[PDB]
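Among the contents of this structure: Taxol.
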Amino acid sequence: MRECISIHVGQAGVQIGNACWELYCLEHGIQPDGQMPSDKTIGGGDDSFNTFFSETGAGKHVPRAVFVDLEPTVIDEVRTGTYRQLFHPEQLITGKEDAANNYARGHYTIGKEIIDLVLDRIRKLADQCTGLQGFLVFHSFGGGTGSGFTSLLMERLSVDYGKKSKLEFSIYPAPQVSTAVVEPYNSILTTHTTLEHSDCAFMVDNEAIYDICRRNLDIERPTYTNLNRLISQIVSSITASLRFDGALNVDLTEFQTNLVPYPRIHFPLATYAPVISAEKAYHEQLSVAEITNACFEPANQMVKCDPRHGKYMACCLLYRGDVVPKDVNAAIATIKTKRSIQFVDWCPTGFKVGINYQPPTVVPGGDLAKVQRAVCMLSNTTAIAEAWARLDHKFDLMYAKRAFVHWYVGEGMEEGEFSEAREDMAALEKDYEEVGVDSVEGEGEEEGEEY
Amino acid sequence: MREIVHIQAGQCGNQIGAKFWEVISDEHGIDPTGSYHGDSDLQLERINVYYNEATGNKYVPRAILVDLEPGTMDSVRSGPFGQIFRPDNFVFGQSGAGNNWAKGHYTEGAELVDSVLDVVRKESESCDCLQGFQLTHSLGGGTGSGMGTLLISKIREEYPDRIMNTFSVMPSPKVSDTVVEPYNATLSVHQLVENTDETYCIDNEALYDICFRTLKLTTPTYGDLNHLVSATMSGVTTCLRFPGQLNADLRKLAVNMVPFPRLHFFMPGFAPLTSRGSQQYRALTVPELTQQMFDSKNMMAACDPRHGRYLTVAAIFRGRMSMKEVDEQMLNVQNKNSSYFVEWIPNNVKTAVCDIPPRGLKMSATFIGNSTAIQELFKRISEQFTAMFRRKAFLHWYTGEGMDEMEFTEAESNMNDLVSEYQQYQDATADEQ
Amino acid sequence: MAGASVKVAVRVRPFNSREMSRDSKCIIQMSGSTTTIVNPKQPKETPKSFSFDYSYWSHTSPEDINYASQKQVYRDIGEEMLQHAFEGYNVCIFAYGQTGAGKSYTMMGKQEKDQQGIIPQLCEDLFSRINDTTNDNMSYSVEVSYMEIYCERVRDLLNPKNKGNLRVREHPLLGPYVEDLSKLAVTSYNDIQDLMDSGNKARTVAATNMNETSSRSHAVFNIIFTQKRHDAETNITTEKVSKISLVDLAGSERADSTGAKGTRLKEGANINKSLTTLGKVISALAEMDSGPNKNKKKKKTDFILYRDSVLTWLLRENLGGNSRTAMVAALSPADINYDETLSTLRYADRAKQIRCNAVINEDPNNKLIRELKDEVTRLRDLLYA
Ligand SMILES: CC(=O)O[C@H]1C(=O)[C@@]2(C)[C@H]([C@H](OC(=O)c3ccccc3)[C@]3(O)C[C@H](OC(=O)[C@H](O)[C@@H](NC(=O)c4ccccc4)c4ccccc4)C(C)=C1C3(C)C)[C@]1(OC(C)=O)CO[C@@H]1C[C@@H]2O
Ligand SMILES: Nc1nc2c(ncn2[C@@H]2O[C@H](COP(=O)(O)OP(=O)(O)OP(=O)(O)O)[C@@H](O)[C@H]2O)c(=O)[nH]1
Ligand SMILES: Nc1ncnc2c1ncn2[C@@H]1O[C@H](COP(=O)(O)OP(=O)(O)NP(=O)(O)O)[C@@H](O)[C@H]1O
Ligand SMILES: Nc1nc2c(ncn2[C@@H]2O[C@H](COP(=O)(O)OP(=O)(O)O)[C@@H](O)[C@H]2O)c(=O)[nH]1
Ligand SMILES: [Mg+2]
């Protein structure tokens, strides 16, 4: 009916995929082995929702996903894990060496020798769908595979399919902490394909999520599992409108129509308001106004950037649970009166709204409290440029002396591509500065004459 | 499937290899007879990295043992793990080099190198997808330095895309067990600078210092030093064998650690070390591991890292731990000691985490540092080498085997350039002139 | 020692038969010391632009104005560098380009021997100047050698033996050199032509998508030049010795262009590594030249680093020391071959990058209106005064 393929590339993509599919199976009542006894108990229903799962004759459901990597280590955990029977055996590993934090080994040399098989599997999966909505690629900047192979795959998909949407959920490098020394080269080289081919890319930062976990959930020593669970909640709130009934429904194309003003500024931030532990779930009302206010707090952003240093071009709110429209209108009206939050003068409306009835679920063994209301906010703003500028500086400090460059050219990339891109990133930074400027005073010269 | 071929030449390399295979066999639960008697399931998942499968569920390692005297082969065969190795890989001759580099690389080794290369090719062709090689040896001796450099040269010529490693025991400043050591160390470093992707520098003096001070041993012996080095060797390649939350192959360490092709001399380290009878006082946590790991007195290179600057650092953790703690601790180490890190690399600490810790340690970590202080070692060797070369101390033993004096000079020049290149990225500012 | 005065030159060739057959378009435009190039697929945003110390327009063959004639480029480079050579210091020429751009041409010239490249003009002036200058109280000696660098291995061309690898060495006083490298004496430029043709027949070449014949290795043609004096005394001595290194660089490579696997990618990777090292050393030499010239405080020794690749290692005497360097980069005029020209300009932009900019003029009607208003203002002044 309304199908979406999820493509996971790299260790970060595969692990976020594990979290996402755990959440989906818990949400629709599918056992880890693919069976759904709840339908047999009910005697018939549409629980086998076609947004994510495909049904066979025997009642087994297979997800619509394509996992990709170059290290067998990550996928072999899944092939012998709890969900070994859920997925199709076609997991698409390259039983060879990894790209090894080298964008080149993942777009020019080892990146081939696996792209054709991936595209064939995607072709089969897409043929199974009877009217597709779009794609959801999960990857991570910095990694060699998640940069190079993501770029190659997006190029081929854009050639083959063209008109279908393509969304990203990516882990941008943090301002301070990182787990690699050659990260900036990979990020800058990736930005071109992130820009030209993708239709709407969301970014998150591990440092911000660590701070959120420390402050809200009182977890002093979080690990990647908690971050992955949070990102999974975000994606579920994004896609909830396709699956469950609601008063106001928002399709994937409505996000794009309402959220991107111009083709080159499709980089919004995401936020999730009621992140609260079970112990603190009491002592609080968690009304609609409270969560709407919390969504705009600068401390709750999932990217280390201050919204107060820029302007909000557009916003989109997706509500889940026991929510009524009048409270939503009251909250939006309250937000519009504050002076700390600034809106560009050429978007007087600046709000999109969606309401869904199904409340969020709770993962057993998780750390999020059970709540009646929730909201996910997607904001297209100009603050994000600041983050790019920081990373930009780091790039220069390594490219003046040509550090770590012989590895990249040893695999098939002319020293030129490095600068040909830096320039592309600089052009993008120029546009964000240009769009946020207020319209020039009385933009059409001067008026006032005879009548 | 990432297969590693292991080679070892000379007395020192043979002894270290024996201890290393005993350690790895314990890790994967292989009996001395070669059968598997382990408990967990993950041990057989990646056994093919280091072992080949025989008929009756028996495993045999990929060791290749080389020497020019049969004494050490006899010692290794008559040992606790003598029968695990393949008999056809024991390559040896007679009338060894005798601390003479020329005998090892130009005269005697030229006869055995063909057989050794034949065995290496036979072992390598059977692998599914070879990743790299290894070589344990000592530079102060004849057979080790000579045959090791010759093997490295030939193998690098034959297989040019794979990763070559080496664990070399450098000559020490003070403790000396040979007199003609500097010639062998120099004429060798000349080849190691060219034909290797990573070299880890070991020194007896640092290991003795660790045993006397940290472990508090009263009678250290060579078994202990081999133990330390073997622990480090096992720690380096962990992510190929066991799963984890952030993997790092040999090639990733190669890419992240080396800024320029000729700067690949590393200082290794391992934590923790409770010295026994003091475990109950020391609480084992990630900050404690990071504290002990960066200490100047824990290194095995006999160089003070405080006299230079860290070009790059890598930390591989093994255990169950939180990633926030690791990232925060590395950031704190970088900030608090900002004087000792180069300024034109914005972040210079690679991190990796593996899930399966060693036999009886809740947590462990291994360290691979790359700093300019290592130059001191080369400088010291030069300060000896020329002192013996101005008056031609022991030269006739070398020229008698066919080696023109020019070869000696072409090398003192190469190592001196290495010291100069490291000295460039050492000053903590560069402006004005 | 002498200042590392590096000369950056670029030259555009005309159309070939295939390009003329197609309805191709010229994209390089020059003005002063700046060259600009456009995209056929992206004609909206802007042209890219570069600046070099010399820009040479050999596009239009019958053109009479601002034509970069071969005698002109020889006067620009070869005459001054031969003058430097006769002072006893080393000289190096680097030829760079991609199949088509027009490298060989600039190095050799046409076959009818009517318009001569750098090599014939330099060699004939060297020979002729000497033949019309030598006397009883002087002697001159000239020798030639020819080698190639392939996969970081040195191979000989003049010697017809089995092409085994040779071994680089480092004589303590004379610097790097190669054992068993054939060296021959020459008398006139016909001998150099014979040896050059014989060596060029032995070079390794492979076919690719771009061209059926593409250089897979660098080449070095060394001319050893020695002057000996016979003073009015029993002590007869060599005044000084100088070397001329004419060097052919293989073009930069991209799998996005040569899709071959196996040995072909490996050769391209090694070529790119060598090119990067060469650019790294060359730019550092220019910085070394520039620093003390500006502030008088030489930057210590910035100890340049050559022991990184065999190409820069063998040529240590020619880049460094008392020597001069000059580089010419060929560019092709097809609108189809965009990114080849872009990469060539980008890699040529190194080695004392020159500041480049654009100009852009204004609507002609507005300029005419402004001129008329200025004239009216002057006349109103012609009225006021
Ligand atoms: C607390 C406890 O249970 O006892 C420890 C112990 O006291 C300490 C001191 C151990 C002990 O090590 C030494 O005493 C030692 C002596 C000479 C040279 C090196 C070490 C130990 O022997 C070492 C031994 O370590 C292991 O078993 C590891 O798995 C280690 N493998 C081996 O030591 C080994 C040696 C030969 C054959 C097979 C295995 C290892 C570590 C990393 C990667 C691979 C393997 C352990 C737990 C201890 C004792 C027994 C006291 C230490 O060693 C290691 C490698 O763990 C020394 O520094 C650590 C810190 C430990 O706290
Ligand atoms: N949020 C989150 N980030 C992760 C996770 N795992 C890895 N990352 C990030 O991913 C980055 C490493 O890039 P990866 O894409 O995982 O590298 P790879 O997929 O193994 O590909 P290669 O670089 O070629 O090895 C690190 O900087 C991490 O910050 C995860 O589970 N959750
Ligand atoms: N400036 C020029 N004026 C006139 N003809 C030229 C010019 N440059 C090149 N040519 C000619 O046009 C053709 C282009 O040169 P060509 O032999 O294709 O060099 P190339 O293939 O670019 N060399 P290379 O870069 O080493 O691969 C040849 O026939 C030249 O003689
Ligand atoms: N770490 C360590 N070093 C050793 C050992 N045995 C010898 N050495 C060192 O090796 C040097 C002599 O090298 P040697 O083994 O004779 O070289 P070979 O003769 O070619 O094998 C001495 O200076 C010792 O410091 C050992 O068991 N462990
Ligand atoms: Mg990877």
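Naming convention: chains lettered A, B, ... in sequence-line order (proteins, then strands); numbering from 1 in each chain. Heavy-atom basis, side chains included; hydrogens, waters and symmetry copies ignored. A restricted portion of the entry is shown here, and the contact count covers that portion and nothing more. Method on record in the header is electron microscopy, 3.1 Å. Whatever order the structure lists ligands and atoms in, that order sets their numbers, starting from 1.
One finds Taxol in this model at ligand 1. In this entry, more contacts with Taxol (ligand 1) come from one chain than from any other, and the PDB entry calls that chain Tubulin beta-2B chain.
With heavy atoms closer than 4.0 Å, the chains neighbouring Taxol (ligand 1) read B.
The binding site of Taxol (ligand 1) (heavy atoms under 4.0 Å) is made of B/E22, B/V23, B/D26, B/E27, B/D224, B/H227, B/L228, B/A231, B/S234, B/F270, B/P272, B/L273, B/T274, B/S275, B/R276, B/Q279, B/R318, B/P358, B/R359, B/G360, B/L361.
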